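Looking at a structure with R-roscovitine today.
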Amino acid sequence: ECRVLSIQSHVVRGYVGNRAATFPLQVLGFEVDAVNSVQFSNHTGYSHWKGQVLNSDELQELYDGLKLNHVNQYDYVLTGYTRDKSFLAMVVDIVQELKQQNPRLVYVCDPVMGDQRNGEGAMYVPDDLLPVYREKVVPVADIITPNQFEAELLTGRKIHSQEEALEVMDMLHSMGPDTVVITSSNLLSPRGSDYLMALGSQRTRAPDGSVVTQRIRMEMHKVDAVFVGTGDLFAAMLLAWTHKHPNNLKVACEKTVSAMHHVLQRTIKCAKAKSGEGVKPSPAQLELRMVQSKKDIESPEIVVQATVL
Ligand SMILES: CC[C@H](CO)Nc1nc(NCc2ccccc2)c2ncn(C(C)C)c2n1
């Protein structure tokens, strides 16, 4: 389709934020407009890093710039990782106005707060953004893609099983999103810890008989290491697919997830090819071979399966 306004980080080297969401959304042909929330030499997982960040007024400035020219009409809107309470507030205001300009304006929001290894408490962002995502952000998004950990901070409920997972999504939907996709979880699955499971559900409509929800469950094949930027590349590719497949939360994750295995085992492939068998690949070597996946980002050779409910 077309016009995406993506507000995310930018790194000179590597793939994270806009660097991870642009090329994709581009070769799949979207007119991606990018607002760089920060500009760092590289992501903060490298030993060193240097750069500047955009404050709230600077973001404001760029947005004014677009109003004045009346070119501020967008179809879908994308956002991810932020550290600033205020930058996230502003971002909310901006997404509001853009929905009047275009009624079918879907705000796709990956609520990046932190991570899980196995049941817990603190995350990656200060704890003071938690409220903003819950009270202000999530009520306006139309597609969110949280961790199991994050889905729990949002709903404030701990996920212990599968159907406890499904009822944390429902408290999600009701929050606003006619789509929720738990990109990853601690939940063992019908296939072994070798794998990794994610969850998906989409609250739809038909006049009365006013209720439809759809659920599924992909299990893609875990990979031995620490990548950074995977969730940006995920949410980016979701949008694409969930673009073509408006009532098919099923059909979507399916191609997205599929593309994800290629990109990573090519990354992992080259990744080790730079220590072969012998030592751990450095942050540098793990960076996504997004370019080389020129060909797969493109054509998901559908390698995964999923069960409705
Ligand atoms: C904080 C987690 C990670 C550390 O391994 N580093 C990092 N660093 C990033 N660099 C940009 C940045 C630096 C400082 C503050 C805010 C953003 C970054 N951008 C998007 N993402 C993630 C959510 C995919 C980013 N992640």
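Sequential numbering from 1 along the given sequence is applied to the chain's residues. First listed ligand is number 1; within each ligand, the first listed atom is number 1. Looks like X-ray crystallography, 2.6 Å, at least that's what the header says. When reading the values below, keep in mind they use all heavy atoms of this one structure, side chains included, and skip hydrogens, waters and symmetry mates.
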> Which chain makes more heavy-atom contacts with R-roscovitine (ligand 1) than any other chain, name per UniProt?
Replying inline: Pyridoxal kinase
#### Entry: Residue, atom name and distance, where the atom is the protein heavy atom closest to atom 6 (N) of R-roscovitine (ligand 1)
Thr44 OG1, 3.2 Å
Which residue holds the protein heavy atom closest to atom 26 (N) of R-roscovitine (ligand 1), what is that atom called, and what is the gap in Å?
-> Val228 CG1, 4.2 Å
How far is atom 14 (C) of R-roscovitine (ligand 1) from its nearest protein heavy atom, and which residue and atom name does that atom have? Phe40 CZ, 3.8 Å
Return the nearest UniProt active-site residue in chain A to R-roscovitine (ligand 1) plus the heavy-atom distance rounded to 1 Å. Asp232, 3 Å
Check the entry and give the organism for chain A.
Ovis aries
For atom 19 (N) of R-roscovitine (ligand 1), which protein heavy atom lies nearest, and how many Å away is it? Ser9 OG, 2.6 Å
**Report entry** Part of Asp232 with heavy atoms under 4.0 Å of R-roscovitine (ligand 1), whether side chain, backbone, both or neither
**Finding:** side chain
So, looking at chain A, which of its UniProt pyridoxamine-binding residues come within 4.0 Å of R-roscovitine (ligand 1), heavy atoms only?
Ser9, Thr44, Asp232
- Task: Identify, for atom 1 (C) of R-roscovitine (ligand 1), the protein heavy atom at the shortest distance, and state residue, atom and that distance.
- Result: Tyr81 OH, 3.7 Å
- Item | Within-cut-off N or O pair, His43 and R-roscovitine (ligand 1), under 3.5 Å | no
### Task
Define the binding site of R-roscovitine (ligand 1) at 4.0 Å using heavy atoms, by chain and number.
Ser9, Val16, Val38, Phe40, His43, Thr44, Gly45, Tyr81, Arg83, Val112, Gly229, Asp232
